[PDB]
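Model: Alpha-1-antichymotrypsin / ligand testosterone.
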Amino acid sequence: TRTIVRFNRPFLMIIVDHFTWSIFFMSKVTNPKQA
Amino acid sequence: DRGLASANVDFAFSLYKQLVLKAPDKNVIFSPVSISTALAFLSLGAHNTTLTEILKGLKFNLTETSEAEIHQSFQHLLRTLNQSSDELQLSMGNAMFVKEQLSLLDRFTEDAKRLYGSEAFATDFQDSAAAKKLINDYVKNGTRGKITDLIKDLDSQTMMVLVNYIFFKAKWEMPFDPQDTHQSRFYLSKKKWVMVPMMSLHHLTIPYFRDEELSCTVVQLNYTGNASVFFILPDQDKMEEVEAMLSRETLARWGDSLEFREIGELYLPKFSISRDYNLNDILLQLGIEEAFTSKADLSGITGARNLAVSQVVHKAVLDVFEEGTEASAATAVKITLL
Ligand SMILES: C[C@]12CC[C@H]3[C@@H](CCC4=CC(=O)CC[C@@]43C)[C@@H]1CC[C@@H]2O
C-alpha cells in the first residue's frame, strides 16, 4: 500500500528560505486556469 | 533574524487571511517579504502614530524590538538575499522615485541607500506616462520581464513612489520528466473540474505529514539551494478550515512534524498564475491608517508633515513547471503632497 499525493484540488504553496526563514511567496491555487 | 522571521511570518498569514476575505473565490499569489520590505522602507520616513501603526501592522512587538533594530534587520536580510549563488537566482531591489523639486532630508536619503539599497531617481510625475514607464521599466528589469505592468495609473500630482521587487528562479532538487506530464482533471469542486497538464514523480522520498486534526496533507519539495516549498493539500471541501488555522504556530507544528516517507506517485499541475492587488483596504484592516489620512506624519522624509500615502499596490506571478519554479513580485507605495 504505497502513498500517493495528488494535487488535483485546491492547494496551498509556501515558498520559504531555510537561511532567513523568509516566506518568499505564498499561494492558493483554486484554479490553475483561472481568468 | 529570529524576531524578523517571526514578525514577517505573522504578517504573511495575516495578509493572506485578508486577501482571501476580500476575494474568497480567487487564486492567491503574493510576496510577503516584498510587502514587508516596502512598508519597512516607508516607515523609515514615518513619525509618531504613523510610524508605530506601520511597525505594529508589520507585526513587530515593539516592547521587544526598536525601530533601529528593525531597519538594520531588513538591511541584513537584503544583503543575504542578494548574495551571489550558482544554485538559485534570487534578487530583491528597492528604489525611490521623487519629484526633483521635493526637498528630502539628507538623513532620509542616506538611510534609504544604506539600509534598503535604494537609489533616488528624479522623476517628473507631471509627465505621468513617462514617469509610469520609468517605474514599470525598473520593475520589468528587476524581475527579468516577469512583472510588466505594476503601475497602472499614476496621478500627475504624485510626489514619490517607493518600489520593492523580488525575483526568484529555482530548479527542483528532483525535477519532473516532461514525458510523464499528461492532461488530467483538476477539480474546482466535487462535481466540476478543468483539464490541466499534470506532472508526476514516482518513488520519491520527501518530508511528509498527514495532519488528521486539520484534514490536510503536507509535503516539502526542495529546490537546489536553500529554498523549498511547503505544499498543503486540504481534503476536499476543507480549504477554508485549513486557511482559518494558518499561523506561525501551525507552520511550526507542520515543520516539526515532517518525517521522510516514500511516495509512490506525486501529481502536481504545471501552471502559471498572476494576481495584482490594491492593498489600501487590507493595510487599513491591519491597523495602518494614519499614513493614508490628512493626519499622516511622514516628516522623517522631508522634515515637514507634507506627505501622505495615496495607494499601495502589489503584483505577483508564479510559474510552476517540470524543471523548477519562477516567481516574482513587486510592491509600490505611492505618495502625494498633503
Ligand atoms: C519550517 C522551518 C523552520 C520553522 C520556521 C519556518 C519559517 C517560518 C517560521 C518562522 C518563525 O519565526 C518560527 C519558525 C518557522 C515556522 C521554516 C521554513 C523552513 C524550516 O523547515
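Chain labels are A, B, C, ... in exactly the order the sequence lines appear. Residues displayed in chain A correspond, in order, to the PDB entry positions 366-400. Here the PDB entry sets the residue numbers for chain B, with the shown residues being 23-360 in order. Counting starts at 1 for both ligands and their atoms, in listed order.
In the structure shown, the parts corresponding to testosterone are ligand 1.
Every other chain with a heavy atom under 4.0 Å from testosterone (ligand 1) is named here: A, B. Under a 4.0 Å non-hydrogen cut-off, the residues that form the binding site of testosterone (ligand 1) are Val381(A), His383(A), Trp386(A), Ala27(B), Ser28(B), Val31(B), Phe252(B), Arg270(B), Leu273(B), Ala274(B). Closest protein heavy atom to atom 18 (C) of testosterone (ligand 1): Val381(A) CG2, 3.8 Å. Scanning the protein heavy atoms around atom 1 (C) of testosterone (ligand 1), the nearest turns out to be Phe252(B) CZ, 3.7 Å. Those atoms of testosterone (ligand 1) with a heavy atom of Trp386(A) less than 4.0 angstrom away are 3 (C), 5 (C), 7 (C), 10 (C), 11 (C), 12 (O), 14 (C), 17 (C). In the vicinity of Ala274(B), heavy-atom distances shorter than 4.0 Å reach the testosterone (ligand 1) atoms 16 (C). Counting only heavy atoms of the protein, atom 20 (C) of testosterone (ligand 1) lies nearest to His383(A) ND1, 3.8 Å. Counting atoms of testosterone (ligand 1) from 1 in the listed order, those under 4.0 Å from a heavy atom of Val31(B) are 8 (C), 10 (C). Proximity to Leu273(B) (heavy-atom distance under 4.0 Å) selects the following atoms of testosterone (ligand 1): 8 (C), 16 (C). Interface atoms of testosterone (ligand 1) facing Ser28(B), defined by a heavy-atom separation under 4.0 Å, are 12 (O). If you check which protein heavy atom lies closest to atom 13 (C) of testosterone (ligand 1), you get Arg270(B) CD, 3.8 Å. The entry describes chain B with the name Alpha-1-antichymotrypsin.
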